[PDB]
Enquirer: 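Below: one structure in structure tokens.
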Amino acid sequence: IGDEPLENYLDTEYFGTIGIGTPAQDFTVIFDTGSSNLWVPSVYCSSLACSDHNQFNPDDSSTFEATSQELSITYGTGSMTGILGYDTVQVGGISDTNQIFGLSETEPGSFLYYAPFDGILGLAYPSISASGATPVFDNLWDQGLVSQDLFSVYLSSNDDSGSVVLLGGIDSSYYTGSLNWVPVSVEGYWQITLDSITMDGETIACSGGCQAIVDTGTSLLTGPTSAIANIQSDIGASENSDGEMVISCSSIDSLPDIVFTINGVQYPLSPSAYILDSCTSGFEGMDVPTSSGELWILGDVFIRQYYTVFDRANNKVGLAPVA
Ligand SMILES: CC(C)CN(C[C@@H](O)[C@H](Cc1ccccc1)NC(=O)O[C@H]1CO[C@H]2OCC[C@H]21)S(=O)(=O)c1ccc(N)cc1
């Protein structure tokens, strides 16, 4: 069982340190349950974001093995191109030998330039991995480096230490109540079916059910723009001169919970959770069309309240209230 500590950056990004190569070269990476590739910047990249982050040098690693395979990835915000290579990745105390990963050759745009992390370590299914690159957790399981084919995530609140990805384990000191299990509706993301979203007993969005993904790599709780607009109006959030969804901090003590029903079980978010003396909404409209329908994203606003188990043996997500 391996523990990967995560730094809680402003309650907005959660990244941990990994080592790549022999001797290890260290990188910070977002542990991203919304994607499946591992990549870091490399000495082959001249983009600005490469210049202001740690760059992998395969020349200095005695265990590196080159490939002729290229890689390209476009995220919601940010993108990269590069080349795949193999090396040993130290992650959570585990020596992940023979791990394929991306060495960036371009990283355009300001988001990656201003972000504190060097790269991204995806934790989702192989079906959405660019170039069919084996995801880290698949390679761990393939090599028997974890005995149980699952991992769990605790994300801390209030910029506190203690966030972790627990590779191969579930730890009940991080939660209370019973874990409830949700089948993965479509294997790619950690995608699940939401039944309803309610406030003070009435349905405010997702009437008749909708699709959602559980994504540590997204800060906010996002949904289709039209639905989110209603929710913003429902909680009293107004966009201001600067493009921020502003809300009176006094509503934190006024407003009722917003309740997500998932597989028939109610998961409340208190206004303490879905309102971030500058208070803004934890919701954001973002349209993610798929053959499944538009996706909602249960990002860190949600995951901070629910210890989450990602079970690849079973293709299920487990949820329980954080301790
Ligand atoms: C780069 C990540 C650390 C951040 N992203 C979260 C990530 O989970 C998204 C979450 C996501 C998912 C779907 C649509 C938009 C965003 N996944 C994603 O874009 O996956 C990509 C992998 O290759 C492609 O195939 C799947 C989608 C692409 S992100 O949505 O782009 C993002 C970027 C900036 C901020 N501030 C907040 C979120």
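In this chain, numbering begins with 1 at the start of the sequence shown. Atom set for the values below is all heavy atoms of this structure, side chains included, hydrogens, waters and symmetry mates excluded. When the header is checked for method, it gives X-ray crystallography, 1.9 Å. Start at 1 and go down the list; that is how both ligands and their atoms are numbered.
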Enquirer: Just checking - which of acebilustat, darunavir, ulipristal acetate, penfluridol, pirmitegravir is the one at ligand 1?
Expert: darunavir
Enquirer: Quick check: main partner chain of darunavir, as named in UniProt?
Expert: Pepsin A
Enquirer: Just wondering, which UniProt domain of chain A does darunavir mostly touch?
Expert: Peptidase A1
Enquirer: Considering non-hydrogen atoms of the protein only, which is the closest contact for atom 10 (C) of darunavir, and what is the distance?
Expert: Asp215 OD2, 3.2 Å
Enquirer: Can an N or O of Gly76 be found at a distance shorter than 3.5 Å from an N or O of darunavir?
Expert: yes
Enquirer: Any nitrogen or oxygen of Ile213, main chain or side chain, under 3.5 Å from a nitrogen or oxygen of darunavir?
Expert: no
Enquirer: For darunavir, find out whether one of its N or O atoms is nearer than 3.5 Å to an N or O atom of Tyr189.
Expert: no
Enquirer: Mind checking whether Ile120 contacts darunavir via backbone (N, CA, C, O), side chain (CB onward), both or neither, at a 4.0 Å heavy-atom cut-off?
Expert: side chain
Enquirer: Extract the source organism of chain A from the PDB entry.
Expert: Sus scrofa
Enquirer: Write out the binding site of darunavir as chain and residue number, heavy atoms closer than 4.0 Å.
Expert: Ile30, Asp32, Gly34, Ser35, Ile73, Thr74, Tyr75, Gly76, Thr77, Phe111, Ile120, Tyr189, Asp215, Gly217, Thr218, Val288
Enquirer: Which protein N or O atoms sit under 3.5 Å from any N or O of darunavir? Give each pair with its distance.
Expert:
{"residue": "darunavir", "atom": "8 (O)", "partner": "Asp32", "partner atom": "OD1", "Å": "2.7"}
{"residue": "darunavir", "atom": "8 (O)", "partner": "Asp32", "partner atom": "OD2", "Å": "3.3"}
{"residue": "darunavir", "atom": "8 (O)", "partner": "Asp215", "partner atom": "OD1", "Å": "3.1"}
{"residue": "darunavir", "atom": "8 (O)", "partner": "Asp215", "partner atom": "OD2", "Å": "2.5"}
{"residue": "darunavir", "atom": "17 (N)", "partner": "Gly34", "partner atom": "O", "Å": "3.1"}
{"residue": "darunavir", "atom": "19 (O)", "partner": "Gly76", "partner atom": "N", "Å": "3.2"}
{"residue": "darunavir", "atom": "20 (O)", "partner": "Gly34", "partner atom": "O", "Å": "3.4"}
{"residue": "darunavir", "atom": "31 (O)", "partner": "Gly76", "partner atom": "N", "Å": "3.0"}
{"residue": "darunavir", "atom": "31 (O)", "partner": "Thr77", "partner atom": "N", "Å": "3.0"}
{"residue": "darunavir", "atom": "31 (O)", "partner": "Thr77", "partner atom": "O", "Å": "3.4"}

